[PDB]
J.: 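Model shown: Proto-oncogene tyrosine-protein kinase ROS + zidesamtinib.
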Number of protein chains: 2
Amino acid sequence: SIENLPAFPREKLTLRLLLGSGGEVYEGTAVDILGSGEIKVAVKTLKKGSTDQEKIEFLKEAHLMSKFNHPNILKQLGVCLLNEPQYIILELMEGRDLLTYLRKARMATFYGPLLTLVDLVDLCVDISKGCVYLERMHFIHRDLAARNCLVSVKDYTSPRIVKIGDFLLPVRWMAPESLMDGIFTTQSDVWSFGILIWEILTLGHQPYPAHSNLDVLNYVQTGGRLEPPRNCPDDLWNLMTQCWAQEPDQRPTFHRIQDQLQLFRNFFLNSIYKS
Amino acid sequence: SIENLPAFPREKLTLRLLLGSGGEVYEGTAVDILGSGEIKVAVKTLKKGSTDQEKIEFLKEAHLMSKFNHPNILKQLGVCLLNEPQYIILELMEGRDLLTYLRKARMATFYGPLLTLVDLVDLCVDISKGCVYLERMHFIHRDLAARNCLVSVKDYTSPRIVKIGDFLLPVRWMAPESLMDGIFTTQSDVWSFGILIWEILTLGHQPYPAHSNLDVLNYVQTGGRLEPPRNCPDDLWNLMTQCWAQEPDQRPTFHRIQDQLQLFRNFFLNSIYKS
Ligand SMILES: CCn1ncc2c1-c1cnc(N)c(c1)O[C@H](C)c1cc(F)ccc1-c1nn(C)nc1C2
Ligand SMILES: CCn1ncc2c1-c1cnc(N)c(c1)O[C@H](C)c1cc(F)ccc1-c1nn(C)nc1C2
């Protein structure tokens, strides 16, 4: 099994909008990636004259995304690796990163958020499925957070899907074992997924708002956890709580996480119609 | 121009669920109404041995709905008029009446409503279009209220459309001219449409909650109007306010009502993305 990245003619690609740094990241268009015609894409670059190691890391990303193939995992459409800068062509997620999407939903009107409980639960289900896939592909993400997911649509009415991307100490997302001992397992991923669904349920609040970065470890290692989101469904709080069991093997599996979420959703939908 | 109602073989129709009285109203299935196969329908009946006049009114309804043809006006799929009871076959609106749909959205979770401002504005746009059509067809509805509209879907995530149906003193929906003088114009319809969009924006609250039916006329004729909904967008309050101008010709047209609504929506959507 010799791996092969999907090559795409550079001539057909046109950069249009700079998004930021991460090389840099651009929005652009690309011809017949998928008859297809002119379709919009995100382009991750590799800065000219970067370290020899930096070029290897960039190619590691590319390989990972070639292997992955799942609705809730970001698709890599092509690569342009013959010239500098190197291009990784990603499907454009018009909703931007999940953290932004959540915040724009909250701070759009005081009349109320543009995302509802059902919308939010569907976001959690999407990621959980993604996490289940990655687990089955023996992959530990080691940076599960809203900032590292993307949303398909800019608006808040159209059907949407979330996908995991991104293949600094994020102390607020890190399991106690990770901080103290540098341990990173699927179970420590479950800790982070816990924090993520808290992010979703609070529409993109900062975890541990009352604590500096230096105070987070202190607070956690005395059994201090996040405060429940406003009106957070009990069933979802019990899931989050168990994601942050101090003992790693006391945390649920991603299969079970997806079970809980779908079951909760089923229950909630039924309660609507029965009223 | 001789009118013709759409006849549908009675044998193919099967009643399944009673919905209530209004004859009575049923949910059921009907074969090849639209290859189509077995599709679900609502059935309005005419009670056996009812007044000769009652049978004429029933047929008046049928004729009206045959003429009307618009996305935001309820479709009549067929009639079974050869036997008793008489059947008017309506397209099934799984969301039920708008008033119910609104209430189930509010009282589903204290976490927050399952309908957002954008969802609600789209409901107003739908009706306004319907009202514009009926006006162009020289029709005065004379009972515009949430109870008389229907929603396409039961859930609160799937794309939805509202439609006008229903072709007792509803004092809370009635213009001052109507109550005092028995006047009913398109402009008095605009009054009611005002009250309707208040119903939508309050998720199905009762107008004038502090007033008995006997007190409503009193309160209105001294210039007393509804209190603004919580956090109601200013632009929408100004529209509602003008719908309830004491002088009938000081009220806006349905064309203008649709203008305001779409413009407001455009503005609001832009403000989202620009943030
Ligand atoms: C609508 C355009 N857009 N606008 C903002 C962003 C994207 C955006 C949309 N589709 C992508 N495939 C995309 C970004 O890819 C990058 C590499 C990305 C991935 C990720 F998981 C998390 C954040 C980013 C990111 N990096 N910057 C600098 N910005 C963004 C979000
Ligand atoms: C999901 C089933 N369903 N459940 C409730 C209702 C409908 C329903 C759905 N689709 C229809 N075409 C339908 C009712 O027609 C009737 C005549 C109707 C029209 C209307 F404008 C306002 C209320 C009603 C009504 N009359 N009852 C007694 N109930 C309802 C609402």
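Throughout, protein chains are lettered first and strands after them, A, B, ... in sequence-line order, and every chain is numbered starting at 1. Both counts, for ligands and for their atoms, begin at 1 and track the order of listing. The deposited model was determined using X-ray crystallography, 2.2 Å. FYI, side chains are in, hydrogens and waters are out, and symmetry mates aren't considered; it's all heavy atoms of this structure.
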J.: Write down the other chains contacting zidesamtinib (ligand 2), where contact means heavy atoms under 4.0 Å apart.
T.: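 Other chains with a heavy atom that close: B.
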J.: How is the binding site of zidesamtinib (ligand 2) composed, by chain and residue number, at heavy atoms under 4.0 Å?
T.: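 Heavy-atom contacts: B/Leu19, B/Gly20, B/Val25, B/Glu27, B/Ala42, B/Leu90, B/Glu91, B/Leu92, B/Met93, B/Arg96, B/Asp97, B/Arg147, B/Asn148, B/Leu150, B/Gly165, B/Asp166.
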J.: For chain B, which organism does the PDB list?
T.: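 The PDB lists Homo sapiens.
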J.: If we count only non-hydrogen protein atoms and require a distance under 4.0 Å, does atom 19 (C) of zidesamtinib (ligand 2) qualify as touching the protein?
T.: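 Yes.
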J.: Does B/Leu19 reach zidesamtinib (ligand 2) with a nitrogen or oxygen that is under 3.5 Å from one of the ligand's nitrogen or oxygen atoms?
T.: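 Not met; the criterion fails.
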J.: Which protein non-hydrogen atom lies closest to atom 26 (N) of zidesamtinib (ligand 2), naming both residue and atom, and how far is it?
T.: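 Looking at atom 26 (N) of zidesamtinib (ligand 2), the protein heavy atom closest to it is B/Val25 CG2, 4.3 Å.
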J.: What is the closest UniProt-listed active-site residue in chain B to zidesamtinib (ligand 2), and what is the minimum heavy-atom separation to the nearest 1 Å?
T.: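 Rounded to 1 Å with heavy atoms, the UniProt active-site residue is B/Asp143, 9 Å.
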J.: For atom 24 (C) of zidesamtinib (ligand 2), grab the closest protein heavy atom and report residue, atom and distance to one decimal in Å.
T.: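 Looking only at protein heavy atoms, the one closest to atom 24 (C) of zidesamtinib (ligand 2) is B/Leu150 CD2, 4.2 Å.
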J.: Hey, quick one: which UniProt domain of chain B is doing most of the touching with zidesamtinib (ligand 2)?
T.: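 That would be the UniProt domain Protein kinase.
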J.: Among all the protein's non-hydrogen atoms, which is closest to atom 15 (O) of zidesamtinib (ligand 2), and how far away is it?
T.: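 Minimum-distance protein heavy atom for atom 15 (O) of zidesamtinib (ligand 2) reads B/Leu90 CD1, 3.9 Å.
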J.: Does the N or O separation between B/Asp97 and zidesamtinib (ligand 2) drop below 3.5 Å for any pair?
T.: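 Between B/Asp97 and zidesamtinib (ligand 2) (N or O atoms, distance only) the closest approach is not under 3.5 Å.
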J.: Where does zidesamtinib (ligand 2) get N/O contacts under 3.5 Å from the protein, atom by atom?
T.:
| from | atom 1 | to | atom 2 | distance (Å) |
| --- | --- | --- | --- | --- |
| zidesamtinib (ligand 2) | 10 (N) | B/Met93 | N | 3.1 |
| zidesamtinib (ligand 2) | 12 (N) | B/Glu91 | O | 3.1 |

